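Let me begin by presenting the structure, written as structure tokens, before commenting on it.
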Number of protein chains: 2
Amino acid sequence: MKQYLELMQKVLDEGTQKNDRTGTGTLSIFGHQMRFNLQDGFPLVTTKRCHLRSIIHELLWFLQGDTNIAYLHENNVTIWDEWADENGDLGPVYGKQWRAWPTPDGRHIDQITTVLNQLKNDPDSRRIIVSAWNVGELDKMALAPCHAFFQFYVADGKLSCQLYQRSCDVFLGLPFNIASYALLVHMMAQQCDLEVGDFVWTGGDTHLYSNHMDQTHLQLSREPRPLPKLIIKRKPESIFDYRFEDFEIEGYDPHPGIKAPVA
Amino acid sequence: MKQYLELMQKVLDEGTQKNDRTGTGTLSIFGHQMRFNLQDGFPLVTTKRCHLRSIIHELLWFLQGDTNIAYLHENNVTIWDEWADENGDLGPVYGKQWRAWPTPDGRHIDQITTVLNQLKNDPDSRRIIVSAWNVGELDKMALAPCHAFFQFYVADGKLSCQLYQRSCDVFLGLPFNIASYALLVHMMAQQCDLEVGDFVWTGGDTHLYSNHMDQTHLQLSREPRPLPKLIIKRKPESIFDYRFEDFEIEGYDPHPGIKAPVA
Ligand SMILES: C#CCN(Cc1ccc2[nH]c(N)nc(=O)c2c1)c1ccc(C(=O)N[C@@H](CCC(=O)O)C(=O)O)cc1
Ligand SMILES: C#CCN(Cc1ccc2[nH]c(N)nc(=O)c2c1)c1ccc(C(=O)N[C@@H](CCC(=O)O)C(=O)O)cc1
Ligand SMILES: O=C1CCN([C@H]2C[C@H](O)[C@@H](COP(=O)(O)O)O2)C(=O)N1
Ligand SMILES: O=c1ccn([C@H]2C[C@H](O)[C@@H](COP(=O)(O)O)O2)c(=O)[nH]1
């Protein structure tokens, strides 16, 4: 899409050389914001064929609160295979903090139910927030939360959401992250009987990897196709009762899928 | 400043009439970003006089891990009076989280020290985060964090920082928040022997209170003056050894102040 391609070109223009946690090399900028009005369509990248398959399972996996990748193995999702121990555990990563943030005094906070209740009872609150950044349990996680903080906002009957992502692999991860949270907004809006508003994406270290130039340029050479439309074919009675087959997409006619060496 | 007046202009031209926790009423937008190059000048509003005094004492009060306003009283700083109890306590707010985030098992985490070592030993790190949003203790705070979590970034020997502000009182709060965090960058950069880069301000619910509109129209009718220069007379032993006598602002010739009620 336009905002995505424009970000890639900005990294090429303003990016600085910055070695990463392994020495692969990136072109990096710090501080970026994008806005996706979900009324115009679902923000699924079209300059390369993407798939919601692993995005849906991981989101549902997040919402269940289980940080064991068992569910992903049963459904043939592999994005977490190289980070888990033998048990298949990742620590108190996203799912755990979303549903059971542990307190000092031995309690647990279900942030998802709090947000949903806030959106229903007090949609004007400026405190409708979910944070995966549990400073006290970062050392127990196989990976520090990347998309670690998002907030909801209601106005004119439209539900908006802003995400803060401390680190962004532009070519590989960003199309995945955008689609993931746009899905969450649609799911949250449906359970709150609201319309969808804007998805705001905010990034910290936003970077292209040195070995993604050929794939970047190939994608830049292509014109964005019309955005597709999300089709929820079934309305669950709970935000935690969604099923993989509930989600379809129409009018998604992308360019040939682009493949790079993964993470 | 240009960026500040532009945002104030943006709220008036696109804000939504929202009611708020205080029953005052606000014009509100959601999702905004600003950048301040700190080598250009210190970002202290000029279209209305702002008193750096209270700002400095507040930041030095944060970096001590203290949440009692007793220190703020010693220097006639009253910005946190309407929210403290008789003993001047606000609860586990910004300071408590910065210096001693309480874990579930019982330990405490010093985020200021943590970041200072990350910046010195691993400046390429993309997870240099301080967070004040402690979901496990929000119910104990007299007011949820507004400047809720920020990220540091190092490139080309320059130190940058991005803040996420879930809620922003554009007229009263934002000028303090900007100056406050820009001051922290100058201090972090000094202790890490780095130059100052950008302060990136990101906002969630960004709004103007209904009883501030007349003051806003007055301020918008003024032109920003050249930014002043911050001077730090000394190099303290650490980030926590700063004194109010170490800072001095040079070239700050603002328009006359504009008084307005606090909500
Ligand atoms: C963001 C995020 C979640 N994540 C997590 C994740 C973890 C570490 C990372 N590390 C790096 N360097 N970049 C990444 O973006 C990255 C992403 C993902 C990781 C891999 C794929 C992936 O397999 N991409 C392939 C798969 C193609 C397909 O079959 O659909 C691709 O070519 O697109 C997707 C998401
Ligand atoms: C952000 C932040 C810190 N804070 C904390 C704080 C707490 C609750 C709030 N509540 C609301 N609705 N708006 C605020 O911005 C706000 C700010 C401040 C609070 C007041 C002033 C203030 O009274 N400013 C006057 C000067 C008064 C004085 O100190 O002499 C001004 O000139 O505008 C400044 C900062
Ligand atoms: O540092 C700060 C402290 C808080 N505020 C203002 C913004 C809000 O208008 C107010 C707190 O309102 P709430 O959203 O919590 O209900 O204080 C601010 O702008 N900066
Ligand atoms: O949701 C995610 C998770 C990870 N990454 C990418 C960004 C980084 O390049 C890499 C993680 O490396 P660190 O930022 O943690 O060092 O994975 C994403 O883009 N999105």
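Quick note on labels: first sequence line is chain A, next is B, and so on, each numbered from 1. When reading the values below, keep in mind they use all heavy atoms of this one structure, side chains included, and skip hydrogens, waters and symmetry mates. Remember, it's 1-based here, ligands and their atoms both numbered in the order they're listed.
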For this session: Determine the main partner chain of ligand 2 by heavy-atom contacts and give the name the PDB entry assigns.
Result: Thymidylate synthase
Exercise. Which drug molecule has been modeled at ligand 2?
Worked result: CB3717
For this session: Tell me which other chains have a heavy atom under 4.0 Å from CB3717 (ligand 2).
Result: B
Exercise. In this structure, which residues build the binding site of CB3717 (ligand 2) when a heavy-atom cut-off of 4.0 Å is applied?
Worked result: B/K48, B/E58, B/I79, B/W80, B/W83, B/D169, B/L172, B/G173, B/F176, B/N177, B/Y209, B/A263
For this session: Enumerate the atoms of CB3717 (ligand 2) whose separation from the nearest heavy atom of B/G173 is less than 4.0 angstrom.
Result: 1 (C), 15 (O)
Problem set entry | Nearest neighbour in protein (non-hydrogen) for atom 35 (C) of CB3717 (ligand 2) | B/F176 CD2, 3.7 Å
Problem set entry | Under 4.0 Å to a heavy atom of B/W83 - the qualifying atoms of CB3717 (ligand 2), by number | 7 (C), 8 (C), 9 (C), 10 (N)
For this session: Would you mind running through CB3717 (ligand 2) and noting each atom that sits below 4.0 Å from a heavy atom of B/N177?
Result: 1 (C)
Exercise. Which atoms of CB3717 (ligand 2) have any heavy atom of B/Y209 under 4.0 Å away?
Worked result: 12 (N)
Exercise. Just which atoms of CB3717 (ligand 2) are under 4.0 Å from any heavy atom in B/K48?
Worked result: 33 (O)
Exercise. Which residues in chain B does UniProt mark as dUMP-binding that also have a heavy atom less than 4.0 Å from CB3717 (ligand 2)?
Worked result: B/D169, B/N177, B/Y209
Problem set entry | Protein non-hydrogen atom below 4.0 angstrom of atom 10 (N) of CB3717 (ligand 2) present | yes
Exercise. For atom 26 (C) of CB3717 (ligand 2), is some protein heavy-atom partner under 4.0 Å away?
Worked result: no
Problem set entry | UniProt active-site proximity: CB3717 (ligand 2) and chain B (heavy atoms, 1 Å) | B/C146, 6 Å
Exercise. Is there a protein heavy atom at a distance of less than 4.0 Å from atom 32 (O) of CB3717 (ligand 2)?
Worked result: no
Could you check CB3717 (ligand 2) for N or O atoms lying under 3.5 Å from protein N or O atoms and list the pairs with distances?
{"unit_1": "CB3717 (ligand 2)", "atom_1": "10 (N)", "unit_2": "B/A263", "atom_2": "O", "d": "3.2"}
{"unit_1": "CB3717 (ligand 2)", "atom_1": "12 (N)", "unit_2": "B/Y209", "atom_2": "OH", "d": "3.2"}
{"unit_1": "CB3717 (ligand 2)", "atom_1": "12 (N)", "unit_2": "B/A263", "atom_2": "O", "d": "2.9"}
{"unit_1": "CB3717 (ligand 2)", "atom_1": "13 (N)", "unit_2": "B/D169", "atom_2": "OD2", "d": "2.5"}
{"unit_1": "CB3717 (ligand 2)", "atom_1": "15 (O)", "unit_2": "B/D169", "atom_2": "OD2", "d": "3.4"}
{"unit_1": "CB3717 (ligand 2)", "atom_1": "15 (O)", "unit_2": "B/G173", "atom_2": "N", "d": "3.1"}

